[PDB]
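Residue numbering restarts at 1 for every chain, and letters A, B, ... go by the order of the sequence lines. Each ligand, and each atom within it, is numbered from 1 in the order the structure gives. This entry, so its header tells us, was determined using X-ray crystallography, 1.6 Å.
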Number of protein chains: 2
Amino acid sequence: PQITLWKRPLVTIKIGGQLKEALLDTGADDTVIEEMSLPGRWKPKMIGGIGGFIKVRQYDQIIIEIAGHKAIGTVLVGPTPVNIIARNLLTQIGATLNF
Amino acid sequence: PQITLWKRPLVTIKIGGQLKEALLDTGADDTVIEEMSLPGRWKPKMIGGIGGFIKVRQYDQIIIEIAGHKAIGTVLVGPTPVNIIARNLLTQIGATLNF
Ligand SMILES: CC(C)CN(C[C@@H](O)[C@H](Cc1ccccc1)NC(=O)O[C@H]1CO[C@H]2OCC[C@H]21)S(=O)(=O)c1ccc(N)cc1
Ligand SMILES: [Cl-]
Ligand SMILES: [Cl-]
Ligand code: NA
């Protein structure tokens with residue numbers, strides 16, 4: 001699809017069996033999702049942006065379906081105010097910025 | 001251009017005669033740049049990012065060049081980790097997300 005940016009580029013994602021809304025975010029390095037349980041091992045990480053840092057759990061090799069497209073990669077889980085699909089998974093679905 | 005996301009989508013901007021690096025950020029509503037002097041009056045604004053809220057200075061109708069495309073619009077000035085070009089100016093230069 002071609003998504004204009006008049007509004008927030010929100011899409012539906014499926015992760016851990018759950019449906020969620022998420023923002024497509026070229027300004028983010030790693031995908032960050034609101035608190036949920038995921039399978040497998042994790043390790044702690046701090047990630048930072050405007051307003052400072054939050055502590056997250058880093059899970060590797062997690063599958064997410066993004067707007068109908070399957071991608072696999074690292075997912076961070078913690079108290080983010082919005083679900084963010086970042087460049088680590090946007091590359092996998094072939095997403096580009098065009099102007 | 002067509003910009004892939006394997007690396008940070010950094011571009012050169014020109015504001016007040018000065019070149020700076022900025023990140024093209026579809027996950028941002030308004031454009032935020034590190035402290036610098038801009039002409040005219042400013043209005044208060046709070047913006048909420050990943051780690052909480054911060055106060056910035058809002059300047060309206062600022063001329064900015066972005067990767068060679070001219071935009072004129074609202075620029076926020078405050079303690080951001082990196083200069084971010086958000087959807088309010090990405091729409092002015094005709095940017096879209098594609099996959
Ligand atoms: C500041 C950027 C360098 C990085 N951020 C991604 C960015 O797109 C966030 C994504 C975002 C979006 C909503 C809330 C929090 C974070 N947008 C943002 O902070 O925009 C602020 C300015 O315009 C406003 O509209 C959105 C909030 C304001 S970040 O959320 O802090 C972040 C940092 C590291 C990772 N791995 C994932 C995300
Ligand atoms: Cl990854
Ligand atoms: Cl103030
Ligand atoms: Na894992």
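What sits at ligand 1 is the drug darunavir.
Measured by close contacts, the chief partner of darunavir is listed under the PDB entry as Gag-Pol polyprotein. Other chains with a heavy atom closer than 4.0 Å to darunavir: A, B. Here is the list of darunavir atoms found below 4.0 Å of a heavy atom in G49(A): 31 (O). Remark: minimum distance from atom 27 (C) of darunavir to any protein heavy atom is reached at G48(B) O, 2.8 Å. Considering backbone and side-chain N/O atoms, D30(A) comes within less than 3.5 Å of an N/O atom of darunavir.
Taking every non-hydrogen atom of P81(A) and a distance limit under 4.0 Å, the qualifying atoms of darunavir come out as 14 (C), 15 (C).
Taking every heavy atom of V32(A) and a limit of under 4.0 angstrom, the matching atoms of darunavir come to 37 (C).
The source species given by the entry for chain B is Human immunodeficiency virus type 1 (BRU ISOLATE). Considering backbone and side-chain N/O atoms, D25(A) comes within less than 3.5 Å of an N/O atom of darunavir. With a 4.0 Å heavy-atom cut-off, darunavir is reached by no atom of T31(A). Within darunavir, the atoms closer than 4.0 Å to a non-hydrogen atom of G27(A) are 2 (C), 3 (C), 4 (C), 6 (C), numbered from 1 in the order shown. For darunavir and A28(A), the ligand atoms under 4.0 Å from any heavy atom of the residue are 37 (C), 38 (C).
Taking atom 1 (C) of darunavir as the reference point, the nearest protein heavy-atom neighbour is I50(A) N, 4.2 Å. The nearest protein atom to atom 13 (C) of darunavir, hydrogens excluded, is given as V82(A) CG2, 4.0 Å; this is a heavy-atom distance. Of the protein's non-hydrogen atoms, the one nearest atom 23 (O) of darunavir is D29(B) N, 3.2 Å. Heavy atoms under 4.0 Å from darunavir belong to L23(A), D25(A), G27(A), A28(A), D30(A), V32(A), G48(A), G49(A), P81(A), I84(A), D25(B), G27(B), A28(B), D29(B), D30(B), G48(B), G49(B), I50(B), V82(B).
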List below, pair by pair, the N or O atoms of darunavir and of the protein that are less than 3.5 Å apart, including the distance to 0.1 Å; reply 'none' if no pair qualifies.
| residue | atom | partner | partner atom | Å |
| --- | --- | --- | --- | --- |
| darunavir | 8 (O) | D25(A) | OD1 | 2.6 |
| darunavir | 8 (O) | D25(A) | OD2 | 2.3 |
| darunavir | 8 (O) | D25(B) | OD1 | 2.7 |
| darunavir | 8 (O) | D25(B) | OD2 | 3.0 |
| darunavir | 17 (N) | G27(B) | O | 3.1 |
| darunavir | 23 (O) | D29(B) | N | 3.2 |
| darunavir | 23 (O) | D30(B) | N | 3.3 |
| darunavir | 25 (O) | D29(B) | N | 3.0 |
| darunavir | 25 (O) | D29(B) | OD2 | 3.3 |
| darunavir | 36 (N) | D30(A) | N | 3.2 |
| darunavir | 36 (N) | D30(A) | O | 3.0 |

